[PDB]
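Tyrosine-protein kinase BTK, liganded with rilzabrutinib.
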Amino acid sequence: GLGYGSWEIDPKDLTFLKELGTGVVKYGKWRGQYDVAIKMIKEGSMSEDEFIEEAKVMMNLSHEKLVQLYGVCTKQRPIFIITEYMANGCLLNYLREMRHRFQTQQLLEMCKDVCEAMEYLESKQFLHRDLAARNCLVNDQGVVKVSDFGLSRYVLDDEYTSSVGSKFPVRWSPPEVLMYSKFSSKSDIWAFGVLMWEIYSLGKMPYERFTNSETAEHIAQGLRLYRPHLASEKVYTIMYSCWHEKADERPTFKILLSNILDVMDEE
Ligand SMILES: CC(C)(/C=C(\C#N)C(=O)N1CCC[C@@H](n2nc(-c3ccc(Oc4ccccc4)cc3F)c3c(N)ncnc32)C1)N1CCN(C2COC2)CC1
């Protein structure tokens, strides 16, 4: 209504129902009826004007395997990001809960969910820039969706923002990122291969016995993760294809999707 742009949600339309943890995220309703998650952005943590402009672009991204951004509440502090509600939370935690007793068919479907979202982002020339299990969410039906897409661009804490930083995603980064800060579609591809490894490893940390420094050296020497016990040879071939030293030899998300579908048919 009056005073709200298409990207702006009126926070008075929100009903807060549950604390989901930590900025802080809550579960609630929008206009009484619709489930939403509300993420409250810690003051000083984000380049807010830049994020708000990008939120307009992100509003136009729509795919069933991508967490939907509904809008932002910006007339205020902290600002809110309003999204689709994902009842089963973070993929990384979901994987680590051994009660689920996942079949490998379920693990491959999680990979396909993510790959479909990434094929969609690739088709829109939109890089994720921090793809990892910790940045995927799981709904009440067990469907995995990609979250936080592109958001690293607006983080102000310099520990997060380059390889010099102590909170940079070294373990999800190809050699050309670690060496040269060369981001591309192919750095998302590399990260996707690591995500498949996380899925088939039930949420182990990649290179779990190494520091970030040691990981960077391992990768730069041409060495890699190796096959999770739950990955078949064909699944391992797919994740490993994401880790070619030469970025241009790595597949596209379309090719990965075709490979995943082929393995689902065969296994
Ligand atoms: C504390 C606890 C119980 C929780 C978790 C673990 N893990 C856990 O799932 N979290 C963290 C808190 C928050 C949660 N979260 N975040 C979101 C969200 C993400 C992104 C987002 O902005 C976007 C921006 C751009 C584009 C797209 C989205 C908005 C969100 F609202 C969300 C959403 N949309 N729906 C549902 N949940 C949601 C995930 N954990 C921590 C881990 N613990 C383990 C360690 O011992 C057990 C168990 C309990």
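Numbering starts at 1 and runs along the sequence shown. Ligands are counted one by one from 1 in listed order, and the atoms in each one are counted from 1 as well. Heavy-atom basis, side chains included; hydrogens, waters and symmetry copies ignored.
The shortest N/O to N/O separation between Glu84 and rilzabrutinib falls below 3.5 Å.
Closest to atom 45 (C) of rilzabrutinib, if we only count protein heavy atoms, is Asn93 OD1, 4.8 Å. Taking the UniProt dasatinib-binding residues of chain A and keeping those with a non-hydrogen atom under 4.0 Å from rilzabrutinib leaves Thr83, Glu84, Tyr85, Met86. At a 3.5 angstrom cut-off on N or O pairs, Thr83 counts as close to rilzabrutinib. Residues flagged by UniProt as binding clofedanol in chain A that sit under 4.0 Å from rilzabrutinib (heavy atoms): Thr83, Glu84, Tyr85, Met86, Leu151. Checking UniProt active-site residues of chain A against rilzabrutinib, the nearest one by heavy atoms (to 1 Å) is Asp130, 11 Å.
Close approach of rilzabrutinib to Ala37 is summarised as follows: ligand atoms under 4.0 Å from at least one heavy atom of the residue are 31 (F), 33 (C), 34 (N), 35 (N). In the deposit, the organism given as the source of chain A is Homo sapiens. Atoms of rilzabrutinib found under 4.0 Å from any heavy atom of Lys39, numbered from 1 in the order shown, are 21 (C), 29 (C). Closest protein heavy atom to atom 25 (C) of rilzabrutinib: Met58 CE, 3.5 Å.
The distance from rilzabrutinib to the heavy atoms of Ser147 drops below 4.0 Å at these ligand atoms: 19 (C), 20 (C), 27 (C), 28 (C). Remark: minimum distance from atom 3 (C) of rilzabrutinib to any protein heavy atom is reached at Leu20 O, 4.1 Å. The single protein non-hydrogen atom nearest to atom 20 (C) of rilzabrutinib is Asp148 OD1, 3.2 Å, given as residue, atom name and distance. Only the side chain of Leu137 comes within 4.0 Å of rilzabrutinib, counting heavy atoms alone; its backbone N, CA, C and O stay farther away. Within a 4.0 Å radius of atom 31 (F) of rilzabrutinib, the protein contributes one or more non-hydrogen atoms. Where the criterion is an N or O separation shorter than 3.5 Å, residue side chain and backbone included, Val67 fails it with respect to rilzabrutinib. Grouped by UniProt domain, residues of chain A touching rilzabrutinib are mostly found in Protein kinase.
Atoms of rilzabrutinib lying under 4.0 Å from any heavy atom of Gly89, numbered from 1 in the order shown and given with element: 9 (O). Measured on heavy atoms with a 4.0 Å cut-off, the binding site of rilzabrutinib is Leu20, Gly21, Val25, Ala37, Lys39, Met58, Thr83, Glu84, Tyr85, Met86, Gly89, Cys90, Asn93, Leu137, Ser147, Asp148, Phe149, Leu151.
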